[PDB]
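Figure: structure with paromomycin.
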Amino acid sequence: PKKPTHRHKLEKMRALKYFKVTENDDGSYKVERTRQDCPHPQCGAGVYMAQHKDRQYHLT
RNA sequence: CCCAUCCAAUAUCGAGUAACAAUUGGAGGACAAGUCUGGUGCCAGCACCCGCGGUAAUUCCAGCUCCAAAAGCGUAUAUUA
RNA sequence: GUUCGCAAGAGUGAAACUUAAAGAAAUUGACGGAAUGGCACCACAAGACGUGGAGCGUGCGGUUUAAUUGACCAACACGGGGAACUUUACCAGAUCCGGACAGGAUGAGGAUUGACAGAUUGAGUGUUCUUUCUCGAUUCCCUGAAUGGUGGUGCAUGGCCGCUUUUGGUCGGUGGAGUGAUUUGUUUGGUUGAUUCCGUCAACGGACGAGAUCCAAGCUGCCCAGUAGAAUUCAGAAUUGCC
RNA sequence: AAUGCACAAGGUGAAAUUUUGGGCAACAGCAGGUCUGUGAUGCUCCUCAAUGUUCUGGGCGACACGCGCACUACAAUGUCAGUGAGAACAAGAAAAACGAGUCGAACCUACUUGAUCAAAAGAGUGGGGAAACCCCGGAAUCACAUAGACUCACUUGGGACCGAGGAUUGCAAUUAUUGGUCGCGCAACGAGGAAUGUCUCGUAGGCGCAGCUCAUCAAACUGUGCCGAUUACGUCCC
RNA sequence: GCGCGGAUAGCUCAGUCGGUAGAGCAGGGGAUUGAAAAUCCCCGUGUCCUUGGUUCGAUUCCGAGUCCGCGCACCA
RNA sequence: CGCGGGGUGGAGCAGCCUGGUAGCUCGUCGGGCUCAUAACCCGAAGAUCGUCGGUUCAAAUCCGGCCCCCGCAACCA
RNA sequence: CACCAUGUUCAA
Ligand SMILES: NC[C@@H]1O[C@H](O[C@H]2[C@@H](O)[C@H](O[C@@H]3[C@@H](O)[C@H](N)C[C@H](N)[C@H]3O[C@H]3O[C@H](CO)[C@@H](O)[C@H](O)[C@H]3N)O[C@@H]2CO)[C@H](N)[C@@H](O)[C@@H]1O
Ligand SMILES: [Mg+2]
Ligand SMILES: [Mg+2]
Ligand SMILES: [Mg+2]
Ligand SMILES: [Mg+2]
Ligand SMILES: [Mg+2]
Ligand SMILES: [Mg+2]
């Protein structure tokens, strides 16, 4: 009765996925991450999980 | 009036898209000249005669391009060959 | 209109209008409820075994249906068509691009690909809406196009098939005949399934088809076999009679 | 017959007149069929909610009816239940995949089993690349002094229709895929009107069997064998 | 003049004696054809004079009244 | 109106048992023959006997009342 | 010598 939309992928506006605080980086620390990977399924290296009500996400 | 003569005889206006612009009938045959493109689909129309047109029209309605005569060229009725 | 006639009629004799041929003689063909000679169990004869009647299978028509997707002797168990899905061409929906490549505007500060859970849905189908991560130039958005179609037209075609036709038929060359289309060769006679042969012959020389070649079956030679078979001779076993 | 080309009858022979049976077949043509065979094709239509292409579900198969073509019968020259003898053509498994450049499994099959108890199955174990295994290919008609049941009836003829278990093919069986079991059989049908088809000897007819379609399904078709006649060997009547 | 009678699609026309409408052609589209004609299917469709008395409602009943036909008349 | 005749399958007509899915010709259907149609051949269907009553075991017939159709007459001053 | 009638319009 009504035509569907034929979805295009949404732009994330200058961030696909993101890190943590204290961008000074005075030789003490690497920056922390904001999600996890749960590896070997399938890659786990740069695979970062979704929030989705803090649940999960690929796949892995 | 026209035509003719003239743009100095000391001394006369003027072409450019020379826009100051050719048309009238045709392109199957007789009969000179398109197996071009678009439209219509035995309709609309053409065709003196033969014939064209029934969804790929050498013939209709048009655009292009050609042919013929040309300040002319079609058509009709008489009339001679 | 007039002159003849007892009358039927006769003689004389137009036009308006209409039409693109009507005719004439020949040729080639097709056709005859026209002669003549042949042939064929897709003809009959003399017969066989059936179909048409019945029940079912299957194809065709019609009627239904959302839809029930060529052909009318030479269509109808045929399109190798005995389709549950697929096939598939039809109907109700749903995806995907398999719209290459160009040109123009977004574009890495992201063009875009894909998807878990829910809602949507016929669908534990991300198709889409919410959600956020992945993909990392492959794409996407416009414009121009192109490639796909078991879309149409077999009356635009190629190819193949069927059918004219199970018939013996067609064609040149050069000569003859006629203004010519066209004839002759290619024939009246016998003959064969056969323009097959013999003879005749204004024809003579050729080409194809027919025959030949090819396959299969029947008899047969050579070759041949621990992928075919046979006999024998010793051993082993079985019957062994009075019924 | 009258030269010739040849013909009939008989011989010879395995075979006697195209030996038999097929294949192949000229020239012209049909406005035959095929655009549903092709990456055969011109033109023209559709071309992103597409007439493309894929899913999902239907349909092609739906039945007052009319027709082609088969199949099964209407029975005693038979149906049944036994038992015997005994054919030919034929088919048969796999990929640059998944497994252990070599080998396996997909295909057909015998044999055992299932079996101190129905078929249909389901399982083992062999073999076969096919003249080598199936296979001494145990086809069905037929046969039988079978001292077998029926005895002329819509009947033990016929098996349409459909009811209930069950098991296999498939990813899926409902508008039963197919087999098997017990019911139903009171469904016509007793040899078929007008009409009509094919056929001249290993033929017609009967009989089955392979292959092909095929995961599952032959009343089909292409082949093959088996049993095996009636009539004509004529004519132009249609 | 009186009486008998008939009006329903663009036209033509059948009606259950007093419960609501039939076709067909003409029309618009398909199937068919080489295009047509025929042919078949599907579609637009008739407030029935005017109305009253109103059977649950007048087309179907009866009587009034446009329409258009038919039976029958000074007196010797 | 008097009087007289008839209503029968879609058409035209018959019908003497008081009675045959009532009969006839044509038509309508279904199949054949034909390339196709007609002719022709083989089949099958179709009747509120106009209607209501009554006689009867039984009615198209028999007796009626009605509705129609069709005439014969409808006289002499 | 029984009966044996007919096949729409253009076009190819
Ligand atoms: N290519 C052979 C052709 O045979 C034709 O002739 C054939 C016909 O005369 C005739 O054929 C007939 C046929 O007409 C008819 N319609 C059916 C008949 N069965 C045939 O018969 C022929 O074939 C069968 C083989 O099955 C045999 O019974 C018979 O011996 C044979 N004469 O027999 C000949 C076949 O041998 C023509 N001569 C010719 O078209 C051609 O040569
Ligand atoms: Mg044109
Ligand atoms: Mg022009
Ligand atoms: Mg059908
Ligand atoms: Mg010459
Ligand atoms: Mg009969
Ligand atoms: Mg006539």
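Residue numbering restarts at 1 for every chain, and letters A, B, ... go by the order of the sequence lines. As the structure lists them, so they are numbered: ligands from 1, and atoms in each ligand from 1. This depiction is restricted to one part of the PDB entry, and every contact reported falls within that part. Reckoned from all heavy atoms, side chains included, excluding hydrogens, waters and symmetry mates.
For paromomycin, every matching ligand or chain, copies included, can be listed as ligand 1. Within 4.5 Å of paromomycin (ligand 1), most heavy-atom pairs belong to the chain that the PDB entry identifies as ribosomal RNA 18S. Other chains having non-hydrogen atoms less than 4.0 Å from paromomycin (ligand 1): C, D. With a non-hydrogen cut-off of 4.0 Å, the residues around paromomycin (ligand 1) amount to C:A40, C:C41, C:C42, C:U166, C:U167, C:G168, C:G193, D:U18, D:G21, D:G22, D:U200.
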